[PDB]
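Structure with selpercatinib present.
Naming convention: chains lettered A, B, ... in sequence-line order (proteins, then strands); numbering from 1 in each chain. All values below come from the heavy atoms of this structure, side chains included, with hydrogens, waters and symmetry mates left out. Whatever order the structure lists them in is the order used to number ligands and atoms, beginning at 1.
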Amino acid sequence: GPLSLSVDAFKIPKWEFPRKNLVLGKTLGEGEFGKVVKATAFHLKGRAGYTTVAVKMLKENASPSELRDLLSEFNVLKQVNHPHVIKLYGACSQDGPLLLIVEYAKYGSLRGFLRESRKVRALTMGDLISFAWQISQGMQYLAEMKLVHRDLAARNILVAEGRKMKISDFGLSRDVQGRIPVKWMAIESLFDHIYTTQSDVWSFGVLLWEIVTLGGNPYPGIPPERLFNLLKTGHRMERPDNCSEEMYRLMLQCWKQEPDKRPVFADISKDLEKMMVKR
Amino acid sequence: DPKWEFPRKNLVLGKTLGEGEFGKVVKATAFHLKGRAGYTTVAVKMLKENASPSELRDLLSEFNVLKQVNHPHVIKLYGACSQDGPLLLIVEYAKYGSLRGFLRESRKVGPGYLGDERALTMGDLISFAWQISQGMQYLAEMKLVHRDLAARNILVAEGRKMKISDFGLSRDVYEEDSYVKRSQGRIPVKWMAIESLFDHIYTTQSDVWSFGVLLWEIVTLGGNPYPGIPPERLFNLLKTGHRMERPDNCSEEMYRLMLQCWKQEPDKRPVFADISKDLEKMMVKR
Ligand SMILES: COc1ccc(CN2[C@@H]3C[C@H]2CN(c2ccc(-c4cc(OCC(C)(C)O)cn5ncc(C#N)c45)cn2)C3)cn1
Ligand SMILES: COc1ccc(CN2[C@@H]3C[C@H]2CN(c2ccc(-c4cc(OCC(C)(C)O)cn5ncc(C#N)c45)cn2)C3)cn1
């Protein structure tokens, strides 16, 4: 099928890394399907000595969809290059299991970074606006490349050195049933199965809510089965504590029913630029 | 449904029996359940807060299948709470847990594999296989492919009664006697049949392949199939004609049943009625 062709094509030069040069270390995170380990890579892309990386792999009970996701993530990350998108270095496909070598982000996920942090780790409202803007800049680039991310959330933003935001998890991203958690999906994605750049805008609004709440769980105490009816009727998440009126108006605009009425990623970046400079 | 809807006030949730990224099972108790007096100990299948549509569809699909099916070797649905709250499915509590966990316990726990309830013989392992094949024969007659047939999804109830469970991925096959999926499957690669992997075809004969893998797990005492081989390499191995080697606690007759289950051409595989007949003959000769 489609996957057996891809697996054969992937197993078989720019992106192929020698397996002898890679030394895997501790586990950075894990599920039943797959895991990420910290590693070191000798002579990676013409670098001197050892380069610290993260290595994405599958576990022994991996399904076809999980194997397709990893190859899909490889295929997208070849085509993209931006300071706020995760850098693919390459992949081991000739020696053992299929590994993807990506950049190491020292502070981990944005969800974990914010949950570790406290009220205004010292983070200010300017720092939270800065994190939002960096993700909006990365999403502006991806939208220009005709690439819907689909799973845009705080767990999938990585926090690199100098607190530089990195969009990651391109397994479910597509060019232009679903496996995105219901609380981050747009209304047209839920009802009509439509995924556009404007459905990423809705998901960015949820990511903005996570950033302002310091890694809070969206729609708290509401199961995802009930969310079909609530979003249909016009209910949204209320304004959280330590959130401005301008910031909440950006969230409510992201969560409009009609996708045309939502702001584009160029508009979001401009709003956050205006928020920063006025402070 | 009047038959299957249960009052939420009568259900009292307890400790977590198992969990994944998508969903969870908790031990619970149900007051006045299906005309019983007082509290009946049960298991409650539910979703986690980060659940997708496919995971929500799978739970409803499992619920819809368990309404229609009734067998001594299939997990009993008692009911569901589905109105004004999270979707809960009330199933029977199986005291010994999954068959994978039970058999892996019988390595460390005594008296263990010999050759009362923890003391396992080769006859008892043949008995577990037969009960699952009897249940799969019934599901095959109902035009129902299980798809995720594995030792983790067989539950071990009181009196060591085998119960097939995890019907999230199971699909109907009345018309054409096959389920075809355009996109990629969510069944682990090491339990999938060759035509399921390459061609996306799921029939009763693809469950037979998966039963052959379950037979390998049972005889190895909860072993991991294709040990030290990643699932990416399994495309090439199964295509060339490689299969799992004969494990140490396995007869020649029992291994011939596994090799027949793993034939390339699905028509050449045995049906679940034939598998039950082989296990009946193995039992009586021992
Ligand atoms: C399809 O293949 C897959 C799919 C999912 C997975 C792993 N999954 C579970 C949920 C998803 C994503 N997972 C991780 C694990 C580690 C990290 C991670 C964590 C991390 O942590 C730094 C620390 C330890 C907090 O200081 C640094 N870096 N650098 C790059 C990555 C990547 N990728 C990381 C991010 N996500 C955990 C693996 N392969
Ligand atoms: C679609 O929604 C879903 C899908 C899957 C899941 C749960 N998944 C993860 C993998 C799959 C199956 N899971 C479990 C968890 C607990 C048990 C279980 C475990 C169990 O163990 C008793 C013990 C701990 C050995 O004493 C007893 N019972 N009784 C009924 C069930 C059920 N169901 C159990 C079986 N499968 C864990 C939840 N929602």
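Mapped onto the model, all copies of selpercatinib cover ligands 1 and 2. Structurally, the main neighbour of selpercatinib (ligand 2) is the chain that UniProt identifies as Soluble RET kinase fragment. Other chains making heavy-atom contacts shorter than 4.0 Å with selpercatinib (ligand 2): B.
Note: chain B touches selpercatinib (ligand 2) mostly through UniProt domain Protein kinase. With a heavy-atom cut-off of 4.0 Å, selpercatinib (ligand 2) reaches these UniProt ATP-binding residues of chain B: B/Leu17, B/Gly18, B/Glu19, B/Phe22, B/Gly23, B/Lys24, B/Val25, B/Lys45. Both criteria (UniProt semaxanib-binding in chain B; heavy atom under 4.0 Å from selpercatinib (ligand 2)) are met by B/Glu92, B/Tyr93, B/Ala94.
In this structure, the UniProt active-site residue of chain B with the shortest heavy-atom distance to selpercatinib (ligand 2) (to 1 Å) is B/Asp148, 8 Å.
Heavy atoms within 4.0 Å of selpercatinib (ligand 2) belong to B/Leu17, B/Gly18, B/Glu19, B/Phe22, B/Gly23, B/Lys24, B/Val25, B/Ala43, B/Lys45, B/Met46, B/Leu47, B/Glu55, B/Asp58, B/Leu59, B/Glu92, B/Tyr93, B/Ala94, B/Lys95, B/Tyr96, B/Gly97, B/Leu155.
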